[PDB]
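So for chain A, numbering is the PDB entry's, and the shown residues are 22-596, in order. In listed order, ligands and their atoms are each counted from 1.
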Amino acid sequence: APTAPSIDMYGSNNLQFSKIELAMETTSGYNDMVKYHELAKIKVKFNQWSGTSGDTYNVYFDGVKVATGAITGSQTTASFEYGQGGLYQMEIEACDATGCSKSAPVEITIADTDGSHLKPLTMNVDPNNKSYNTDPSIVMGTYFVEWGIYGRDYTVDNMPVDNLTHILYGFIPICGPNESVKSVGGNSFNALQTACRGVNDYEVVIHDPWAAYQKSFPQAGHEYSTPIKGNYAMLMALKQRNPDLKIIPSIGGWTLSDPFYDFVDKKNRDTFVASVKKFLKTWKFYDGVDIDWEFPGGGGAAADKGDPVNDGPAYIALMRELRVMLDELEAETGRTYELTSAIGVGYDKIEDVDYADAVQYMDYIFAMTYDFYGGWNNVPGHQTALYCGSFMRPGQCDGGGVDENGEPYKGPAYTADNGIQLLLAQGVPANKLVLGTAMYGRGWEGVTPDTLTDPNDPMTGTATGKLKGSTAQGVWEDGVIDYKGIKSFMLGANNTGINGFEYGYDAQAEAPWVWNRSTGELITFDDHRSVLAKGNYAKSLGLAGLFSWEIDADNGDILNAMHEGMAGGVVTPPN
Ligand SMILES: CC(=O)[C@]1(O)Cc2c(O)c3c(c(O)c2[C@@H](O[C@H]2C[C@H](N)[C@H](O)[C@H](C)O2)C1)C(=O)c1ccccc1C3=O
């Protein structure tokens, strides 16, 4: 028989092959950094120095023949293409009329972006996240933010994945007009300019390729030479651990919505929709797309954008067009892909979209039932309440009243139930609506007792400015604090108040607060009680479930309460 091939490990890239080429140690345009191949090119060098070399080689993976070719003398390169990622035991055989001889087996890795070559992720979850048996029909969602791996030190293996059905990855930008990004300062705008170099306007890109696929995480077993690293390789490994998890890219958000206002022109929708199809073929761990346009009709970060007449019909066409495209991917892959969107729930945001038309294309609407009041002005209120608080004036709740100047309210007050009932009354099915819960507070300073019109209720006071604090306290920007910061610096373990704060609860609104009467610091947030009230409300109305912004800011208490409030319930999944 021929001499047995001897595989040259170093001549064959130590047997690590990848369907995706990702630039490392540089930051450039997205199309220069990312290249995806439907088939990996596998080149393996072998030699047969003594004896006869034979005529033909065969390559086997786990005992099954996957390639064949000609022997070229004493040194041959087996060259072939292969579609399915994975880890395989490879043998190379050489054959002639006298028989065949085979190399020892050796492990070959074929990387792909579904994580098929990866072991299940090793988790490091805070043990305060508890175990539940929530019915699998109920949505339990959260947002994981790409920049959370910096100062916030919160990585994919920290997520309590057994307690989640959906992870929304915040946020994928659209190339084009993006002046709103300059509002976060730092390098965010400039990093987008880099990512969009050589990219057509209105196509998606990865904003931070260091966080997404270059950074080596030692807890994931990454090495500097591993072909896919970053949060994306950890999400691939997380999907190997929890295969029924849905991981969905969230496009837009508050700072990254400016390009959506040009989707009134179909040509820019077509560009965008094609880029999303390419994105989901490239990054196969993702299960759909979430569109967080804030907001049709305006009222978001860009003060000079928003068209109440035309943005709603653009949003609806976008959804129609994205569902056509996802149906093509389902035909191609045999997989199911979801289309979702996070939406404003003030009456003046809902009135700009005919959701009865849009929602026929969509699996879920993540209703943003939070940010109703906040440090952008000096008016206290409940930022994430179900119902109207004691602080509101007569006729403020339903908008029939007048304000303190005698001016008509323009619509119903900002509460979760006022927005859910506006959506239901126009025919959006309850089982497509997912109710938002806040894992953060918004707050003020200067709300001292002398400013209250009702002494029992600090939401009747007036602020002098935003809450101020440090990042160790969970205050990453003025006026906003992580829930785990409120728990460590204002509630304490018994939930009865520390550091001069007192806890209170508006039982009408279903909304908690902490208030330091000395500093006038007042913070509106969600807590165990108010999250249990949201789960009861969701069960009462047959909503799809609950989601939360943002998972790094919880200590486990808010996701635990999301599950606790849903116990016993089931829902009909949308078809
Ligand atoms: C209740 C409501 O309708 C709001 O639009 C909600 C809101 C908000 O959700 C966020 C922000 C807001 O400023 C506001 C407020 O808009 C501001 C700017 C508007 N153009 C308008 O002038 C309004 C009165 O206040 C009011 C943010 O600033 C913000 C910043 C960073 C991330 C998310 C956020 C973030 O999510």
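- For ligand 1, the recorded drug is idarubicin.
- In this PDB structure, the PDB entry names the chief binding partner of idarubicin (ligand 1) as Chitinase A.
- Entry annotation: chain A, source organism Vibrio harveyi.
- For atom 23 (C) of idarubicin (ligand 1), no protein heavy-atom neighbour is found at a distance under 4.0 Å.
- In this structure, atom 31 (C) of idarubicin (ligand 1) has protein heavy atoms in its sub-4.0 angstrom surroundings.
- Heavy atoms of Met389 stay at 4.0 angstrom or farther from idarubicin (ligand 1).
- When hydrogens are left out, the protein atom nearest atom 20 (N) of idarubicin (ligand 1) is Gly321 O, 2.9 Å; that is the closest non-hydrogen contact.
- For atom 13 (O) of idarubicin (ligand 1), the protein comes within 4.0 Å by at least one heavy atom.
- Below 4.0 Å from some heavy atom of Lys370 lie the following atoms of idarubicin (ligand 1), by number and element: 3 (O).
- Remark: idarubicin (ligand 1) atoms within the under-4.0 Å shell around heavy atoms of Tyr435 are 1 (C), 2 (C), 3 (O).
- The nearest protein atom to atom 5 (O) of idarubicin (ligand 1), hydrogens excluded, is given as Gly320 O, 3.5 Å; this is a heavy-atom distance.
- Atom 36 (O) of idarubicin (ligand 1) has its closest protein heavy atom at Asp392 OD2, 3.2 Å.
- Around atom 34 (C) of idarubicin (ligand 1), the closest heavy atom drawn from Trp570, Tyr391, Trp275 belongs to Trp275.
- Looking at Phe316 next to idarubicin (ligand 1), no N or O pair under 3.5 Å apart turns up.
- At least one heavy atom of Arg463 sits less than 4.0 Å from an atom of idarubicin (ligand 1).
- In terms of N/O distances under 3.5 Å, idarubicin (ligand 1) is not approached by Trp397.
- Under a 4.0 Å non-hydrogen cut-off, the residues that form the binding site of idarubicin (ligand 1) are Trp275, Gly320, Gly321, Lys370, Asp392, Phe393, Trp397, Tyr435, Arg463.
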